[PDB]
Amino acid sequence: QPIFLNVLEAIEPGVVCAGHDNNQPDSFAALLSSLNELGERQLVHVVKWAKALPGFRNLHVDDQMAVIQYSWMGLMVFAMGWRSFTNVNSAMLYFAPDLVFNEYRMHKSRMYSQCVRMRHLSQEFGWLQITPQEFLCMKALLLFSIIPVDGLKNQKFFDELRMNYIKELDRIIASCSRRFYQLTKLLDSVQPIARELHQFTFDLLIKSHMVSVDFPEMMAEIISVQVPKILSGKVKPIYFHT
Ligand SMILES: C[C@]12CCC(=O)C[C@@H]1CC[C@@H]1[C@@H]2CC[C@]2(C)[C@@H](O)CC[C@@H]12
């Protein structure tokens, strides 16, 4: 109904295929290379989504790219959890229409423990009865949920932007106080999942040539330049709850 939800609903990216050959057997190299390629493809959509968000041009240009390059993992995981919930009721991880992870592929990817936590996130959309509007509002907040400890180039504009995206989530929610507690808690729970994936993908990139896993260009750069800033503690998530 407001101008805010109109925009989020209008800019929400469509379907993104991974390009996975489902005829080949489920090897560690094949699954991860297809996930990597899906990441490269989704990263193009996340950029164009982010730039079309209300007030996103208020940020400094370096801060615009920085906030995208830090928050992409959590954003994509959260959207994937939503796809998994809506399509297959959180039974499998719906990374893309041509890349759906069953229990076997959770195991063959050597990421079973991480896939379990992502499936658990997907089940929370069902357990908490999250609406599409709450999903979109929450997802938009995740873009503004990880920053350098030293701060951004223009920190005031980020703070003002983050404040307003919190306000919009509180609005579309509305002893209802428990709701906001729960949604903030669910948003916080994305961050530990994203950190495990940051560690996994970083380790995988280092050893990629040995295990024949293919990393595309933007993924290789971001995982080698931006992700280690997060893993070294220079860049950290903004939690709601301590
Ligand atoms: C973001 C992606 C791809 C987009 C998505 O739907 C969620 C998914 C979560 C796991 C990521 C994957 C991109 C490729 C990664 C980073 C692998 O290198 C290891 C974990 C994978």
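Residue numbers run from 1 in the order of the sequence given. This entry, so its header tells us, was determined using X-ray crystallography, 2.1 Å. Counting starts at 1 for both ligands and their atoms, in listed order.
- Of the listed tasisulam, promazine, nolatrexed, mianserin, dihydrotestosterone, the one present at ligand 1 is dihydrotestosterone.
- The largest share of close contacts with dihydrotestosterone comes from the chain named in UniProt as Androgen receptor.
- Defined by non-hydrogen atoms within 4.0 Å, the binding site of dihydrotestosterone is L32, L35, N36, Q42, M73, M76, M80, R83, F95, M111, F200, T201, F215, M219.
- In this structure, atom 21 (C) of dihydrotestosterone has its sub-4.0 angstrom surroundings free of protein heavy atoms.
- In the vicinity of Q42, heavy-atom distances shorter than 4.0 Å reach the dihydrotestosterone atoms 4 (C), 5 (C), 6 (O).
- Here the protein heavy atom with the shortest distance to atom 13 (C) of dihydrotestosterone is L35 O, 3.4 Å.
- Of the residues of chain A in contact with dihydrotestosterone, the majority fall within UniProt domain NR LBD.
- For dihydrotestosterone, the atoms sitting less than 4.0 Å from at least one non-hydrogen atom of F200 are 19 (C), numbered in the order shown with element in parentheses.
- Regarding atom 17 (C) of dihydrotestosterone, its nearest protein heavy-atom neighbour is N36 OD1, 3.3 Å.
- Of all atoms in dihydrotestosterone, listed by their number and element, those nearer than 4.0 Å to a heavy atom of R83 are 6 (O).
- For atom 1 (C) of dihydrotestosterone, the nearest protein heavy atom (residue, atom name, distance) is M76 SD, 3.7 Å.
- Measured by heavy atoms, dihydrotestosterone lies under 4.0 Å from these UniProt 17beta-hydroxy-5alpha-androstan-3-one-binding residues of chain A: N36, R83, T201.
- Considering both main-chain and side-chain atoms, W72 never comes within under 3.5 Å of dihydrotestosterone through any nitrogen or oxygen pair.
- Regarding atom 8 (C) of dihydrotestosterone, its nearest protein heavy-atom neighbour is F95 CE2, 3.6 Å.
- Here the heavy atom of the protein found nearest to atom 11 (C) of dihydrotestosterone is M73 SD, 4.3 Å.
- Within the 4.0 Å cut-off (strictly below), a protein heavy atom is located near atom 4 (C) of dihydrotestosterone.
- For dihydrotestosterone and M80, the ligand atoms under 4.0 Å from any heavy atom of the residue are 6 (O).
- Set against the non-hydrogen atoms of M219, the atoms of dihydrotestosterone under 4.0 Å away are 13 (C), 14 (C).
- Atom numbering of dihydrotestosterone starts at 1 in the shown order; those under 4.0 Å from a heavy atom of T201 are 16 (C), 17 (C), 18 (O), 19 (C).
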